Visitor: 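First, the structure itself, so that you have it in front of you.
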Amino acid sequence: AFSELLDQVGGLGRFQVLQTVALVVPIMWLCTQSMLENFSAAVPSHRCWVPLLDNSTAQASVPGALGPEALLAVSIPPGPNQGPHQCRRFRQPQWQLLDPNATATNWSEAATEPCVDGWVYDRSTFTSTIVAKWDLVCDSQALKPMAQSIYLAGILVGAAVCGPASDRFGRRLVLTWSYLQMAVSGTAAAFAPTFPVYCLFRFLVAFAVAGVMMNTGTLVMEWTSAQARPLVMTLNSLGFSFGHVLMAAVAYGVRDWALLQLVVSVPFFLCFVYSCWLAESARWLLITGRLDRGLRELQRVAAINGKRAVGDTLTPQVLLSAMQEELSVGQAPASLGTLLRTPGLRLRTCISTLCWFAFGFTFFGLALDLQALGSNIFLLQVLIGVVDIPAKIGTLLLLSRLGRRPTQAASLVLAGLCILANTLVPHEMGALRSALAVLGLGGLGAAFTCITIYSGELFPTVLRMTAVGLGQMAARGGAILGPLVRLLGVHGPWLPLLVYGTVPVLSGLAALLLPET
Ligand SMILES: CCc1oc2ccccc2c1C(=O)c1cc(Br)c(O)c(Br)c1
């Protein structure tokens with residue numbers, strides 16, 4: 001098997017460290033790409049465009065000066081939920097509301113009119129956003145979630161198209177192409193003049209994100225020992241956790257959505273540049289039937305590891321003899337039908353995927369709309385990343401010490417309970433709300449590594465990959481379904497959070513059924 005070749009060549013040497021660092025670095029920026037939506041697509045307060053305020057001629061026509069606060073009351077109906085109406089304007093100016101008495105029900109909807117001239121957004125915190133540019137407000141409010149869904153749709157498509165491709169052309173080639181596609185698509189989306197064009201380039205960016213993620217995952221775990229695999233994943237996950245901290249650093253500097261996207265998607269040009277000086281997986285070359293390339297790559301890895309003589313001793317005969325087990329009897333991937341045929345495994349599978357979905361649905365429903373969780377988004381963005389790392393290390397320590405099943409159940413249950421508690425406390429006590437939201441997101445980050453490590457060992461080795469793929473697809477499908485739930489928020493902001501908090505609790509409670517180890 002290739003394990004003998006890896007042992008002969010290395011496994012935990014200089015080359016592994018260098019390649020791991022190089023592959024880990026881009027995941028921060030990949031996280032930034034996904035988490036862009038919070039700052040690029042922020043929704044500011046949108047008053048209606050009123051002639052008597054913006055047009056200076058009309059305002060100056062009246063003798064004397066009238067305060068903006070008092071002048072607004074004559075041309076904007078008092079809106080629902082304690083604010084000036086964000087989608088209606090008075091048909092004619094009304095001075096009754098001004099001087100003597102205040103009309104609660106008199107400012108009825110009969111005299112109102114839709115925003116014919118457009119809206120006037122607030123630029124105090126964000127210079128520009130996608131919502132302001134294309135007026136994704138009032139009747140078009142549903143467009144913002146949909147767009148997000150479309151982005152998360154691309155992730156579902158990319159993994160469905162970059163998987164069979166990576167097994168035909170090679171992992172590193174597809175990874176390089178994905179870096180280039182990311183850079184180009186981001187730069188194009190920065191300049192999108194129309195809304196469908198921006199959505200299309202966002203879909204392409206999601207495609208490239210999926211390709212990069214899967215190729216990196218396959219590359220790191222094919223050049224390292226099987227004993228270090230549990231550790232490797234964490235190094236990848238922790239890298240993503242740093243993106244949060246980076247995002248808040250970038251968003252706090254540039255407040256224009258176009259410049260934000262351009263800054264985010266530029267480094268991937270450098271990533272594509274240095275992608276050339278990387279290592280193609282020797283396992284794929286050897287099993288596919290390309291022995292010259294595999295031998296040269298293995299000798300290169302041996303030279304980097306510092307053992308030139310050992311690398312030189314390798315010959316085609318030894319390589320063929322060592323790899324006969326995998327090549328002589330080709331292990332074709334066990335069909336999903338075969339995995340679902342066995343009565344014994346069914347209970348294990350149905351629960352397992354149920355966890356994946358529960359994580360994917362709940363995370364992307366809460367992460368992308370971070371405004372509802374707290375008061376300001378910069379502090380929440382920083383704190384999510386700051387708290388994920390201790391959580392993601394404590395989960396590994398508990399898995400080593402405590403059983404996997406209790407940890408898997410507890411993480412999901414606590415995350416769901418934290419979200420449920422967060423949605424109940426009054427908005428006045430912002431500190432409690434923010435802390436509970438941060439802790440829930442941290443618990444979800446913990447559950448990610450817990451389930452990723454655990455699901456591998458549940459099923460036999462023959463059908464393990466099929467089960468992992470099924471779980472990953474379930475996570476992506478729940479991710480697509482996540483944002484659409486926010487449309488229910490019209491009935492009230494509490495319902496989406498109630499759903500997002502209820503799903504993880506049930507998933508965690510069900511996770512107790514599946515066996516330990
Ligand atoms: C469903 C698979 C998927 O595709 C993405 C594309 C961009 C950003 C995140 C993801 C993502 C995740 O769910 C995810 C969540 C956490 Br937490 C991680 O630490 C890592 Br690594 C990945």
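Position 1 is the first residue of the sequence, and the numbers go up from there. As the structure lists them, so they are numbered: ligands from 1, and atoms in each ligand from 1. What you see below is based on every heavy atom in this structure, not just the backbone, and it leaves out hydrogens, waters and symmetry mates.
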Visitor: Which chain forms the chief contact surface with ligand 1, and what is its name in the PDB entry?
Guide: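 The main partner is urat1.
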Visitor: Which of maprotiline, diminazene, epalrestat, benzbromarone, sertraline is found at ligand 1?
Guide: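 That one is benzbromarone.
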Visitor: If you draw a 4.0 Å sphere around every atom of benzbromarone, which residues of other chains have a heavy atom inside it?
Guide: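 Within 4.0 Å on heavy atoms: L30, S34, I155, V209, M213, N236, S237, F240, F359, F363, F364, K392, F448, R476.
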